[PDB]
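First the structure, in the form of structure tokens, and then the observations on it.
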Number of protein chains: 2
Amino acid sequence: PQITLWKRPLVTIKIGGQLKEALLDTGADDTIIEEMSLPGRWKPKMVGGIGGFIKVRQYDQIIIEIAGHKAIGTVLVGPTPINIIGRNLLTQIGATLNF
Amino acid sequence: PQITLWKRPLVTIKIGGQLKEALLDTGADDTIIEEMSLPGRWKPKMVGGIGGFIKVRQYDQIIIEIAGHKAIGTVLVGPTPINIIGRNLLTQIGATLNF
Ligand SMILES: CC(C)CN(C[C@@H](O)[C@@H](Cc1ccccc1)NC(=O)O[C@H]1CO[C@H]2OCC[C@H]21)S(=O)(=O)c1ccc(N)cc1
Ligand SMILES: CC(C)CN(C[C@@H](O)[C@H](Cc1ccccc1)NC(=O)O[C@H]1CO[C@H]2OCC[C@H]21)S(=O)(=O)c1ccc(N)cc1
């Protein structure tokens, strides 16, 4: 698709059997969601934002569908105020910013 | 242009007559710039992101050139670690996400 930005660019995502949605965020290096069901063991990691730094749970090799495109990569679980798809996965679905 | 997302999508901006650079951020509702002087009366606001809230000054109807394209709109000024162009100005230059 070609998505305009008059509202937040939210898309469906699917991980395992869970359908969620998330914000396509070109300002995010990393993908972060609030919860992922039965994800297994994780590794601690720190991530920084506008307000300071947060501890997250890092899961690698996650298979995720984004807007009907398959991606595989690192998904962080942490106290983000909204699920975000960051550039580590946006590149895999071939998203670009255009103007 | 078409911007791929293998690195942060930073572009040149011009604001207050000064050349700066800023992140094109589809995940940001509003534009936030580091400390600088702007014209007009401002209003106090708070903005929330990862890791918490920050206090900003809101200035309205500010001209900003974004990679050669003129935009006019709301600009928040405050202790962000990076200049961010949010959707409020991305929409004025017709920026879209494509995949
Ligand atoms: C964009 C910033 C300037 C915002 N200011 C916030 C303020 O806490 C900081 C913002 C600040 C601080 C330093 C450098 C840049 C910005 N301090 C400041 O302006 O200086 C005063 C604080 O102690 C002293 O330092 C010099 C005189 C005093 S503010 O206009 O007073 C304001 C306060 C509350 C909200 N919600 C929104 C804005
Ligand atoms: C978290 C999003 C819902 C909102 N944020 C925009 C987002 O693009 C920020 C924009 C950003 C970018 C750099 C530093 C601070 C904020 N990126 C971010 O927090 O990414 C974090 C996860 O990946 C990491 O890569 C960047 C830091 C990590 S935000 O900066 O807090 C913000 C919130 C409201 C407005 N008006 C403007 C910006």
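Chain identifiers are assigned alphabetically from A in the order in which the sequence lines are presented. Following the PDB entry, chain A residues are numbered 1-99, in order. To match the PDB entry, the residue numbers of chain B are left as they are there, and the shown ones run 1-99. Whatever order the structure lists them in is the order used to number ligands and atoms, beginning at 1. Just so you know, these numbers use all the heavy atoms, side chains as well, and skip hydrogens, waters and symmetry mates.
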(Q) Okay, next thing: the drug at ligand 1, what is it? (A) darunavir
Q. Name in the PDB entry of the chain with the most heavy-atom contacts to darunavir (ligand 1)?
A. Protease
Q.
Would you mind telling me which other chains place a heavy atom less than 4.0 Å from darunavir (ligand 1)?
A. B
Q) For darunavir (ligand 1), which residues in other chains have any heavy atom nearer than 4.0 Å? A) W42(B), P44(B), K45(B), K55(B), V56(B), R57(B), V77(B), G78(B)
Q | Interfacing atoms of darunavir (ligand 1) (cut-off 4.0 Å, heavy-atom, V56(B)) | A | 37 (C), 38 (C)
Q | Sub-4.0 Å atoms of darunavir (ligand 1) with respect to non-hydrogen atoms of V77(B) | A | 1 (C)
**Q.** Geometric N/O contact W42(B) with darunavir (ligand 1), under 3.5 angstrom
**A.** no
Q: Using a strict 4.0 Å cut-off to heavy atoms of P44(B), name the atoms of darunavir (ligand 1) that fall inside it.
A: 35 (C), 36 (N), 37 (C)
